[PDB]
Student: 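Notes on a complex, spironolactone with Mineralocorticoid receptor.
Numbering, chain A: per the PDB entry, residues 738-756, 760-908, 918-982 in sequence. In each ligand, atom 1 is the first atom listed, and ligand 1 is the first ligand listed. Just so you know, these numbers use all the heavy atoms, side chains as well, and skip hydrogens, waters and symmetry mates.
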Amino acid sequence: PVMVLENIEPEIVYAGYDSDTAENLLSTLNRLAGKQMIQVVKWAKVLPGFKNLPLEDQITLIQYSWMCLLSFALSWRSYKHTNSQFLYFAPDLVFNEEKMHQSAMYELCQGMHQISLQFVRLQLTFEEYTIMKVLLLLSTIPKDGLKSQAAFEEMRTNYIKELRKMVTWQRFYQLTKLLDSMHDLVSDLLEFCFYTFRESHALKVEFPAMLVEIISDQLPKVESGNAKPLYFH
Ligand SMILES: CC(=O)S[C@@H]1CC2=CC(=O)CC[C@]2(C)[C@H]2CC[C@@]3(C)[C@@H](CC[C@@]34CCC(=O)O4)[C@H]12
């Protein structure tokens, strides 16, 4: 479980940053996003337990939790590489207070910056990160339901009990509390994402084909309460 998870973690992804307008940063981040999602897809097909449920539900869980996954991962890199001092999007794209301003996404950057700070305080470990990331993959579901709602519950309770064994009643509360707080930020990041998209017509912010399909899928119908977040507290 832990062994497999650490082995299947994605490889380093570069932003391909070419040196600085607001349009640039966001488009670069969106392209960065499209690139990381490719790694997520590959990651998911080899994820223990997940690769079992029907592809429908598999594509579905990936389309509802993509923001949780990428932002938590950003938080991890920022913690591992800069001790949660800056926002480490990629080796060639590390954000500072200024870059945080250029992208016109300051409070939103400060928001995730705060998550990563909690990584330091809690001294989050790599194996806790890996199991916590899978739980975020299984954190959001369509209000209506998945094809195999029973196969999902089993994998989720499995990974949950997996974090318990990993922790063994101390940081488990802290870790799950953090996962719960991730949803709060993701909501903010998502709505900002939907605005930039429904206005990119003028903002000149480009969106990779991957994002376009996910957003135009999540935003359209699942804007309302069609996405039920699973909380631990
Ligand atoms: C401070 C943050 O959390 S940025 C957030 C997470 C992330 C981390 C990465 O490492 C790789 C890149 C991503 C996936 C961003 C890509 C761009 C997103 C979808 C942003 C939130 C809002 C935005 C800005 C413009 C837009 O169209 O929507 C994403």
Student: Report the positions of spironolactone in this structure by ligand number or chain letter.
Tutor: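 For spironolactone, that's ligand 1.
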Student: Which UniProt progesterone-binding residues in chain A pass a heavy-atom distance cut-off of 4.0 Å to spironolactone?
Tutor: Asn770, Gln776, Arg817, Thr945
Student: Between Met807, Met840, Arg817, flag the one that comes closest to atom 6 (C) of spironolactone by a heavy atom.
Tutor: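 Comparing heavy atoms across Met807, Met840, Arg817, the nearest one to atom 6 (C) of spironolactone lies in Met807.
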Student: UniProt aldosterone-binding residues in chain A with a heavy atom under 4.0 Å from spironolactone?
Tutor: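 The UniProt aldosterone-binding residues passing the heavy-atom test: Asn770, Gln776, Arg817, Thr945.
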Student: Taking a cutoff of less than 4.0 Å between a non-hydrogen atom of the residue and any ligand atom, is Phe829 in contact with spironolactone?
Tutor: yes
Student: Which UniProt domain name applies to the region of chain A with most contacts to spironolactone?
Tutor: NR LBD
Student: Where does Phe956 meet spironolactone, judged by heavy-atom distances below 4.0 Å: at the side chain, the backbone, both, or neither?
Tutor: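 Under 4.0 Å from spironolactone, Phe956 contributes side-chain atoms alone.
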Student: Assess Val954 for proximity to spironolactone: is some non-hydrogen atom of it under 4.0 Å away?
Tutor: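 Contact check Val954 vs spironolactone: negative.
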Student: Tell me, please: is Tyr828 in heavy-atom contact with spironolactone, that is, under 4.0 Å?
Tutor: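 Contact absent.
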Student: Could you list the atoms of spironolactone found under 4.0 angstrom from a heavy atom of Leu766?
Tutor: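 Selected atoms, number and element: 24 (C), 25 (C).
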Student: Can you list, by chain and number, the residues with heavy atoms within 4.0 Å of spironolactone?
Tutor: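 By heavy-atom distance, that gives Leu766, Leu769, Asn770, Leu772, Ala773, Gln776, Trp806, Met807, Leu810, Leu814, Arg817, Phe829, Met845, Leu848, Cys849, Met852, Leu938, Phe941, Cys942, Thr945, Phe956.
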